[PDB]
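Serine protease/helicase NS3 in complex with glecaprevir.
Just so you know, residue 1 is the first one in the sequence shown, and it goes up from there. In each ligand, atom 1 is the first atom listed, and ligand 1 is the first ligand listed. Side chains included, hydrogens not; waters and symmetry mates left out as well; all remaining heavy atoms used. For this deposited structure, the header notes the method as X-ray crystallography, 1.9 Å.
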Amino acid sequence: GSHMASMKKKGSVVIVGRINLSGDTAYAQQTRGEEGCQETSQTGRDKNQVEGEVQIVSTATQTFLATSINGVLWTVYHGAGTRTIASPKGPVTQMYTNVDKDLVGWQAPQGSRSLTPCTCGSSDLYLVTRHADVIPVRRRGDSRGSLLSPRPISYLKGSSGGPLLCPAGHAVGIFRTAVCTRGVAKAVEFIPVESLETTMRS
Ligand SMILES: CC(C)(C)[C@@H]1NC(=O)O[C@@H]2CCC[C@H]2OC/C=C/C(F)(F)c2nc3ccccc3nc2O[C@@H]2C[C@@H](C(=O)N[C@]3(C(=O)NS(=O)(=O)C4(C)CC4)C[C@H]3C(F)F)N(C2)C1=O
Ligand SMILES: [Zn+2]
């Protein structure tokens with residue numbers, strides 16, 4: 001538009017829940033409902049206590065995941081764009097933005113726990129979805145893995161920004177893309193942790 005005084009502002013990304021990997025069972029928890037999410041997106045002020053490594057996040061129009069690795073909460077550019085994230089003191093600006101990697105990052109929220117970047121060189125991986133499904137994935141390239149059990153894409157939708165982990169629970173990558181045939185996801189692509197570690201200068 002040409003009328004700046006009425007131009008709107010996009011809201012912040014908001015943490016609305018988490019994937020609980022604390023104990024012996026993985027399960028999703030919601031920490032904020034739709035109304036509070038909308039309000040928090042507009043104000044950027046989120047006083048809710050944050051816990052864990054994998055957050056469920058939402059904008060006004062999308063919901064996906066975000067994962068803390070080495071003190072950074074990482075997600076996909078196609079979900080977050082350039083948006084701030086809501087936090088107790090107001091909106092927090094991205095610390096990393098790389099559209100070429102489909103990647104953004106913010107400082108990890110107080111109370112979150114961070115995954116350690118994997119140095120195992122292991123190719124037996126585990127994708128964690130927004131429904132707390134743990135999906136075996138065989139690493140097939142620097143940024144590619146095949147699902148041991150293919151699944152309709154509906155089962156993976158909304159899980160971009162989630163982790164692929166190694167057998168020891170280290171972060172190997174950030175889920176960003178599915179490779180499908182006739183609506184069935186047979187493979188995934190991810191941002192490898194080394195591409196993050198480069199981004200971080202670790
Ligand atoms: C057909 C398909 C499966 C929808 C699509 N596959 C696909 O295109 O495969 C091609 C062929 C082989 C590799 C790949 O090359 C293109 C790479 C695309 C990309 F990913 F790098 C990407 N870079 C962007 C950068 C800037 C702006 C937009 C961008 N948009 C992109 O891709 C778009 C987004 C991505 C997506 O849906 N991700 C997931 C997800 O859950 N999102 S989400 O949470 O629901 C949500 C949309 C709320 C945020 C994990 C997959 C879940 F559904 F399984 N896409 C399309 C796909 O996966
Ligand atoms: Zn490892």
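Glecaprevir, all copies counted: located at ligand 1. Contacts of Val188 with glecaprevir (ligand 1), taken as heavy-atom pairs under 4.0 Å, are absent altogether.
If you check which protein heavy atom lies closest to atom 30 (N) of glecaprevir (ligand 1), you get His78 CB, 3.6 Å. The nearest protein atom to atom 54 (F) of glecaprevir (ligand 1), hydrogens excluded, is given as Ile153 CD1, 2.9 Å; this is a heavy-atom distance.
When distances from atom 56 (C) of glecaprevir (ligand 1) to the protein are checked, no heavy atom turns up under 4.0 Å. Residue-ligand proximity, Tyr77 to glecaprevir (ligand 1), at heavy-atom distances under 4.0 Å covers atoms 26 (C).
Looking only at heavy atoms of the protein, atom 12 (C) of glecaprevir (ligand 1) is closest to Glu189 OE2, 4.0 Å.
Looking from atom 52 (C) of glecaprevir (ligand 1) to the surrounding protein, the closest heavy atom is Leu156 O, 3.4 Å.
For atom 45 (O) of glecaprevir (ligand 1), the nearest protein heavy atom (residue, atom name, distance) is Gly158 N, 3.0 Å. Residue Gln62 has no nitrogen or oxygen atom sitting less than 3.5 Å from a nitrogen or oxygen atom of glecaprevir (ligand 1), judged on distance alone. Atom 58 (O) of glecaprevir (ligand 1) has its closest protein heavy atom at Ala178 N, 3.0 Å. Remark: minimum distance from atom 14 (C) of glecaprevir (ligand 1) to any protein heavy atom is reached at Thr177 CG2, 3.4 Å.
Within the 4.0 Å heavy-atom criterion, both parts of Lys157, backbone and side chain, lie near glecaprevir (ligand 1). With respect to atom 25 (C) of glecaprevir (ligand 1), the closest heavy atom belonging to the protein is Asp102 OD1, 3.8 Å.
Counting heavy atoms under 4.0 Å from glecaprevir (ligand 1), residue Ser160 touches it through both backbone and side chain.
Of all UniProt domains in chain A, the one holding most residues touching glecaprevir (ligand 1) is Peptidase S29.
A heavy-atom separation below 4.0 Å is found between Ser159 and glecaprevir (ligand 1).
Note that atom 1 (C) of glecaprevir (ligand 1) has no protein non-hydrogen atoms nearby, at separations under 4.0 angstrom.
Within the 4.0 angstrom cut-off, atom 33 (C) of glecaprevir (ligand 1) has no protein heavy-atom neighbours. Binding site of glecaprevir (ligand 1), heavy atoms within 4.0 Å: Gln62, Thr63, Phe64, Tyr77, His78, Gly79, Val99, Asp102, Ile153, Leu156, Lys157, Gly158, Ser159, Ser160, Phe175, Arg176, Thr177, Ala178, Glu189.
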Pairs under 3.5 angstrom, nitrogen or oxygen on both sides, glecaprevir (ligand 1) versus protein: list them out, please.
| residue | atom | partner | partner atom | Å |
| --- | --- | --- | --- | --- |
| glecaprevir (ligand 1) | 6 (N) | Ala178 | O | 2.9 |
| glecaprevir (ligand 1) | 9 (O) | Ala178 | O | 3.4 |
| glecaprevir (ligand 1) | 38 (N) | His78 | NE2 | 3.3 |
| glecaprevir (ligand 1) | 38 (N) | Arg176 | O | 2.8 |
| glecaprevir (ligand 1) | 41 (O) | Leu156 | O | 3.4 |
| glecaprevir (ligand 1) | 41 (O) | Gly158 | N | 3.0 |
| glecaprevir (ligand 1) | 41 (O) | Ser159 | N | 3.4 |
| glecaprevir (ligand 1) | 41 (O) | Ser160 | N | 3.3 |
| glecaprevir (ligand 1) | 42 (N) | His78 | NE2 | 3.0 |
| glecaprevir (ligand 1) | 42 (N) | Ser160 | OG | 3.3 |
| glecaprevir (ligand 1) | 44 (O) | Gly158 | N | 3.3 |
| glecaprevir (ligand 1) | 44 (O) | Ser160 | OG | 2.9 |
| glecaprevir (ligand 1) | 45 (O) | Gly158 | N | 3.0 |
| glecaprevir (ligand 1) | 58 (O) | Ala178 | N | 3.0 |

